[PDB]
Participant: 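Today's structure: one with indinavir.
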There are 2 protein chains.
Amino acid sequence: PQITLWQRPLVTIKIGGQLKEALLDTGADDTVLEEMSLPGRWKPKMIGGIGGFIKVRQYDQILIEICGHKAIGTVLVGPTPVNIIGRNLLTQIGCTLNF
Amino acid sequence: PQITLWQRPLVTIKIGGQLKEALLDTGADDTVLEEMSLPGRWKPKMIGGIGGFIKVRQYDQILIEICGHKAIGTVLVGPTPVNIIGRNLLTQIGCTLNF
Ligand SMILES: CC(C)(C)NC(=O)[C@@H]1CN(Cc2cccnc2)CCN1C[C@@H](O)C[C@@H](Cc1ccccc1)C(=O)N[C@H]1c2ccccc2C[C@H]1O
């Protein structure tokens with residue numbers, strides 16, 4: 001499919017049964033999801049953005065179904081206002097920027 | 001061109017007779033360049049991302065060439081680590097996500 005950028009590119013993702021909405025973010029290196037409990041050992045990582053840095057929990061090798069496509073990757077969890085699907089997961093679904 | 005997300009999607013922009021790198025960001029509503037001098041008056045604007053909000057200077061009708069494609073729109077100048085090209089300008093150059 002082809003997603004245009006007039007509005008925010010939000011797609012439905014299935015994170016362990018739960019269907020949430022997420023933003024396809026090309027400027028985001030990592031994927032960051034809202035504060036929730038994921039199975040596994042986590043590592044505190046500090047990531048910075050526009051405002052400043054935030055403290056997140058880094059979970060390795062988690063699977064997320066981004067718009068009907070199974071993708072595996074590292075998922076950071078922390079105080080974010082919107083679920084962000086970064087480059088790490090995006091590449092798995094073979095997403096491209098065309099213009 | 002068809003850009004893949006294996007690396008940071010950086011392009012060369014020409015703004016004010018000068019070349020500089022910019023990250024093509026689909027998760028960004030606005031185009032935020034780093035602290036630089038621009039002609040014209042500005043207005044106060046407050047945008048927020050991960051880790052809070054910041055104060056940026058909004059300038060309007062700025063000519064900017066993103067990888068050979070001209071675009072004239074609003075540019076925000078603020079304390080950002082990387083020049084960010086947001087949806088506002090991505091739509092002028094006809095940029096789209098595909099997969
Ligand atoms: C991995 C992580 C998620 C931390 N990446 C980012 O946040 C990067 C950081 N770099 C910075 C960096 C930091 C350290 C090293 N290298 C680079 C600058 C670019 N952001 C990418 C943005 O796409 C993130 C989004 C998140 C968001 C979307 C909608 C609403 C709230 C938050 C973002 O910040 N978007 C906002 C946005 C962005 C610009 C202008 C206006 C707006 C409003 C909004 O669209």
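Just so it is clear: chains get the letters A, B, ... in the order the sequence lines come, proteins before strands, and each one is counted from 1. This entry, so its header tells us, was determined using X-ray crystallography, 2.8 Å. Both ligands and their constituent atoms are indexed starting at 1 by order of listing.
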Participant: State which chain has the largest number of heavy-atom pairs within 4.5 Å of indinavir, named as in the PDB entry.
Facilitator: HIV-1 protease
Participant: Would you pull out the other chains with a heavy atom less than 4.0 Å from indinavir?
Facilitator: A, B
Participant: Can you check which residues touch indinavir if I set the heavy-atom cut-off to 4.0 Å?
Facilitator: A/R8, A/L23, A/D25, A/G27, A/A28, A/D29, A/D30, A/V32, A/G48, A/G49, A/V82, A/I84, B/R8, B/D25, B/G27, B/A28, B/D29, B/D30, B/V32, B/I47, B/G48, B/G49, B/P81, B/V82, B/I84
